[PDB]
There are 2 protein chains.
Amino acid sequence: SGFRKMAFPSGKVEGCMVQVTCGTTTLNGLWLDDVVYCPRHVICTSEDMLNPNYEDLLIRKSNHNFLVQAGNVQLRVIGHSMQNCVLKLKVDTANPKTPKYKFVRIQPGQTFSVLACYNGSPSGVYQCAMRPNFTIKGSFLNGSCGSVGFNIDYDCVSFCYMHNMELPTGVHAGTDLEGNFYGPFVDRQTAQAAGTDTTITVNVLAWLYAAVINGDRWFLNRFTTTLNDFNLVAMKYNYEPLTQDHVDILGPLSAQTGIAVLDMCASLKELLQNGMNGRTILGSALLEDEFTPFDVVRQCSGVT
Amino acid sequence: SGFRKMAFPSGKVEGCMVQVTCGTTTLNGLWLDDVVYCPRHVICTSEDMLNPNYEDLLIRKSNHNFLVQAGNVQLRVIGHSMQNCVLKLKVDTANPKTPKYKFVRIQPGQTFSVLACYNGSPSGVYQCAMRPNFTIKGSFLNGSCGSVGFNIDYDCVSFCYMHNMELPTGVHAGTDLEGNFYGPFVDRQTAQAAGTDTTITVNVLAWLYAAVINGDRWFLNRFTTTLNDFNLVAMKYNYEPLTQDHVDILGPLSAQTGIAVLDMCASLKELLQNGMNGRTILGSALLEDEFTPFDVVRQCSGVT
Ligand SMILES: *[C@H](O)[C@H](C[C@@H]1CCNC1=O)NC(=O)[C@H](CC(C)C)NC(=O)OCc1ccccc1
Ligand SMILES: *[C@H](O)[C@H](C[C@@H]1CCNC1=O)NC(=O)[C@H](CC(C)C)NC(=O)OCc1ccccc1
């Protein structure tokens, strides 16, 4: 029993982290086959960062201007190209620790593990959701850029995130491994707005299922509701509208617990309308939306 | 910016996990040099578990009765010994992936990362505190025993925990790597009581410091207090009494933020006496006690 914000084991990603230095700027790179991926803003001086012309800045750089270091080992750069907001440095050496991997553009509401790195060395690992407004609630200091978010599927590492910047609200923004930002953000040191941040309804429901499975049942009420009725209440509280697809995804959890999704919806509506009255669910005094239905079933069936 | 429940990178511990099978029972083992460590209750049948005589049960077992598997690789067992509640299986092969390591008996209030495993394969990683009552609030299913808790100090893995059992309250109990239980627990399937579970005051203070550092300052009040006065209020709310040692440990955080420990104590007293009035601190609606002062300074200075 017990339910915990659980990260993927980080060993296969640790083996891909390198240090990328261009002039004074140092951040983390991802070393897969003979290509090192990092944020293109490694080429910026603190001045460039206010409104950089990446095209013009990159032209003053050649392969020898990119210092790539794995442990104490200095890699030889034999090619450089800019793809959106990612720099790809061709190196003479294929990473002998390259896991089986894919690049995936993850959907809002899905989760992933962040391996927070500095100077190409791992610091720690934590689970994040891609929020509806394409930000994450991370822990990132200077030097953390190039740190990556990933899922593991048995042997296959799926990289989905590369850390780039912190917004004025203190939340975090980054790119997929093709260098395309999640959300409307650009890699320049200007004030940038994430949209209103809405709660991931299907994830809140999964976590209430997770709680029921763990013997927290107090919030279970005598009521039911419909999607429209519930969605009226969802809109009021900035919850994402629930859909039959969301119901279908919860099916396994519904069928395991024997609690109809719309009954759980009625429970959530009363939680949302009355608060928790100083009570807690799975050791939290707020409704948690950073667990997917998959996250719940993995942790509850002991997937490795 | 940002503050997250962060686990250590798990790569060095992943390389030490093996599968130990005795008869039908399978759990995880830790493979360091030519010794595999696992819970001695691997030798129990479901019947034995109610009141096992480990001495008599172990005597019916020889080296060939211990099936040790690393990946698809079957290790040869050339020796077995019981040390408290741990079985040490001597194997013919030294683990070529053995990290630099120590066995440490960790203090209550200190934190560690758990690499949750099944069949010797990693499932995920999360941070736990050893509670004052020598239990942890984990996520552990059947097969999870042998899963270990550890800290990393640069190159050195410090193993402190090996998972053994879940108590009726749904919290978790285990041994150090010498097989000595944390707390009054024994490895038998009987009802066992952890003591009253008290809050780790020094950790709550570190986290309020963590919050101030992250721009959450609302709870900062105009009051101060003394240790005795504060400790009167601590006893009332089942907080561990605060000591000059605890103050000295917070010194760095106090000196960084410019907020006296006793002023922060006065803030905590009002939080404890008035609750949070529906407000949140670092995205929590409860006072968090599973961050040590070290945890806060590591995450805030980007230690790797
Ligand atoms: C990459 O290492 C860095 C990560 C920032 C630093 C502090 N917390 C983060 O997430 N990214 C940047 O510095 C980024 C570079 C621009 C070219 C996009 N700029 C940025 O994030 O500005 C906001 C900020 C900078 C420094 C401290 C706090 C916030
Ligand atoms: C080790 O794999 C297992 C871990 C339990 C299983 C479910 N959650 C856990 O932490 N440990 C035991 O099964 C342990 C063996 C005794 C000889 C100590 N017994 C135990 O934990 O009893 C409580 C329990 C058993 C099964 C399910 C739920 C609770």
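Below, chains carry the letters A, B, ... as their sequence lines are ordered, and counting in each starts from 1. When a ligand or atom number is given, it counts from 1 through the structure's own listing order. Side-chain atoms are counted along with the backbone in the values below, which use heavy atoms only and exclude waters and symmetry mates.
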Exercise. What is the name, according to UniProt, of the chain making the most contacts with ligand 1?
Worked result: 3C-like proteinase nsp5
Exercise. Which pharmaceutical agent is found at ligand 1, per the PDB annotation?
Worked result: GC376 (bound form)
For this session: Point out the UniProt domain of chain A where most residues touching GC376 (bound form, ligand 1) sit.
Result: Peptidase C30
Problem set entry | Any N/O pair A:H163/GC376 (bound form, ligand 1) closer than 3.5 Å | yes
For this session: Check each heavy atom of A:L141 against GC376 (bound form, ligand 1) and say whether those closer than 4.0 Å belong to the side chain, the backbone, both or neither.
Result: backbone
For this session: Output yes when a protein non-hydrogen atom is found under 4.0 Å of atom 28 (C) of GC376 (bound form, ligand 1), and no otherwise.
Result: no
Exercise. Does an N or O anywhere in A:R188 fall below 3.5 Å from an N or O of GC376 (bound form, ligand 1)?
Worked result: no
Exercise. Measured between non-hydrogen atoms, which UniProt active-site residue of chain A is closest to GC376 (bound form, ligand 1), and how many Å apart, rounded to a whole number?
Worked result: A:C145, 2 Å
Exercise. Among all protein non-hydrogen atoms, which one is nearest to atom 25 (C) of GC376 (bound form, ligand 1), and what is the separation to 0.1 Å?
Worked result: A:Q189 NE2, 4.3 Å
For this session: Give yes if a backbone or side-chain nitrogen or oxygen of A:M49 is under 3.5 Å from a nitrogen or oxygen of GC376 (bound form, ligand 1), and no if not.
Result: no
Exercise. What protein heavy atom sits nearest atom 12 (C) of GC376 (bound form, ligand 1), and how far off is it?
Worked result: A:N164 O, 3.6 Å
Exercise. Any idea which protein heavy atom is nearest atom 6 (C) of GC376 (bound form, ligand 1), and the distance to it?
Worked result: A:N142 OD1, 3.6 Å
Exercise. To which residue and atom does the entry give GC376 (bound form, ligand 1) a covalent bond, if any?
Worked result: A:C145 SG
Exercise. Please state which protein non-hydrogen atom is closest to atom 24 (C) of GC376 (bound form, ligand 1) and give its distance, to 0.1 Å?
Worked result: A:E166 O, 4.3 Å
Exercise. Within 4.0 Å (heavy atoms only), which residues surround GC376 (bound form, ligand 1)?
Worked result: A:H41, A:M49, A:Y54, A:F140, A:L141, A:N142, A:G143, A:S144, A:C145, A:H163, A:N164, A:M165, A:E166, A:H172, A:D187, A:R188, B:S1
Any protein N/O atoms within less than 3.5 Å of an N/O atom in GC376 (bound form, ligand 1)? List the atom names and distances, or say none.
residue, atom, partner, partner atom, Å
GC376 (bound form, ligand 1), 2 (O), A:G143, N, 3.3
GC376 (bound form, ligand 1), 2 (O), A:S144, N, 3.4
GC376 (bound form, ligand 1), 2 (O), A:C145, N, 3.0
GC376 (bound form, ligand 1), 8 (N), A:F140, O, 3.2
GC376 (bound form, ligand 1), 8 (N), A:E166, OE1, 3.3
GC376 (bound form, ligand 1), 10 (O), A:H163, NE2, 2.8
GC376 (bound form, ligand 1), 10 (O), A:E166, N, 3.3
GC376 (bound form, ligand 1), 11 (N), A:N164, O, 2.8
GC376 (bound form, ligand 1), 21 (O), A:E166, N, 3.1

